[PDB]
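Complex: saquinavir / HIV-1 protease.
Chain naming is simple here: A for the first sequence line, B for the second, and so on down. So for chain A, numbering is the PDB entry's, and the shown residues are 1-99, in order. Here chain B follows the PDB entry for its numbers: 1-99, in order, are the residues you see. Note that ligands are numbered from 1 as they come in the structure, with each ligand's atoms numbered from 1 the same way.
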Protein chains: 2
Amino acid sequence: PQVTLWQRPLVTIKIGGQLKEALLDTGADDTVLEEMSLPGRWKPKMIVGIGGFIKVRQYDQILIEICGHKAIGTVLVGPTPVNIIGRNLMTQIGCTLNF
Amino acid sequence: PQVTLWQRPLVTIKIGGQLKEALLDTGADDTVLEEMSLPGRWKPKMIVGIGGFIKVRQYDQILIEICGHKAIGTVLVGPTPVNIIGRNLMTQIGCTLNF
Ligand SMILES: CC(C)(C)NC(=O)[C@@H]1C[C@@H]2CCCC[C@@H]2CN1C[C@@H](O)[C@H](Cc1ccccc1)NC(=O)[C@H](CC(N)=O)NC(=O)c1ccc2ccccc2n1
């Protein structure tokens, strides 16, 4: 459906057997979730945003359901004040901007 | 038109008599442009993103053309590595996410 932007575009994702709210971020290249326990092997990684860098744990081949749509991809876990769904998973579910 | 997200959603804006590329960011509450000269009176402001805070100059009632669509609103100028069009101006031009 058409999600307008008067308020933040938040949605519910299910990942790691848990339900969470997340922000559909067309400006985030990656998907970054708050600290949590995930099944798998991870690598350290450094990412950067407006204020500088944060170190996150990279997870690959993670199944994540975004509003009921299964998607598999790389998830970054770390100190983000808010769970962010980046363009990587959004393209998989078919999201897009309308102008 | 429907802007997909395989690559970054960049567009051309015209502001301050100049043409610039900017990112359509559904995850940014505000609009933040790289340091530039703007016509007006400004207030200092602190904003925060993934890595922490940055101090920006707030400008109000600024006319900014996004891909030819005039919009008037508050612009934040400061040390951002990339010009960001936030949800504030996007709602004015009628942008929205399609799921
Ligand atoms: C997540 C990551 C992969 C690191 N990518 C990014 O962070 C990219 C980096 C890009 C290049 C540098 C300039 C910014 C763009 C867009 N950002 C995405 C971009 O969408 C980013 C996502 C975000 C949201 C909340 C908190 C942190 C980060 N938004 C922001 O940084 C905007 C800044 C603004 N416009 O006011 N912040 C917020 O709108 C915002 C909202 C709620 C908050 C709650 C607590 C703390 C901070 C909060 N910040």
field: Contacting chains for saquinavir (ligand 1), heavy atoms below 4.0 Å
entry: A, B
Contact bool for atom 1 (C) of saquinavir (ligand 1) (protein heavy atom, d < 4.0 Å): yes
query: In the protein, what heavy atom is nearest to atom 23 (C) of saquinavir (ligand 1), and what distance, to one decimal place, separates them?
result: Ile84(A) CD1, 3.9 Å
query: What is the organism of chain B, as given by the entry?
result: Human immunodeficiency virus 1
message: Within the protein, is there a heavy atom lying under 4.0 Å from atom 15 (C) of saquinavir (ligand 1)?
response: yes
task: Could you establish whether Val48(A) and saquinavir (ligand 1) come within less than 4.0 Å of each other, counting only heavy atoms on the residue side?
output: yes
- prompt: What residues line the site of saquinavir (ligand 1) at a non-hydrogen cut-off of 4.0 Å?
  reply: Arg8(A), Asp25(A), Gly27(A), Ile47(A), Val48(A), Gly49(A), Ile50(A), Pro81(A), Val82(A), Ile84(A), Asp25(B), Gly27(B), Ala28(B), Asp29(B), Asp30(B), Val48(B), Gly49(B), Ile50(B), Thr80(B), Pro81(B), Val82(B), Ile84(B)
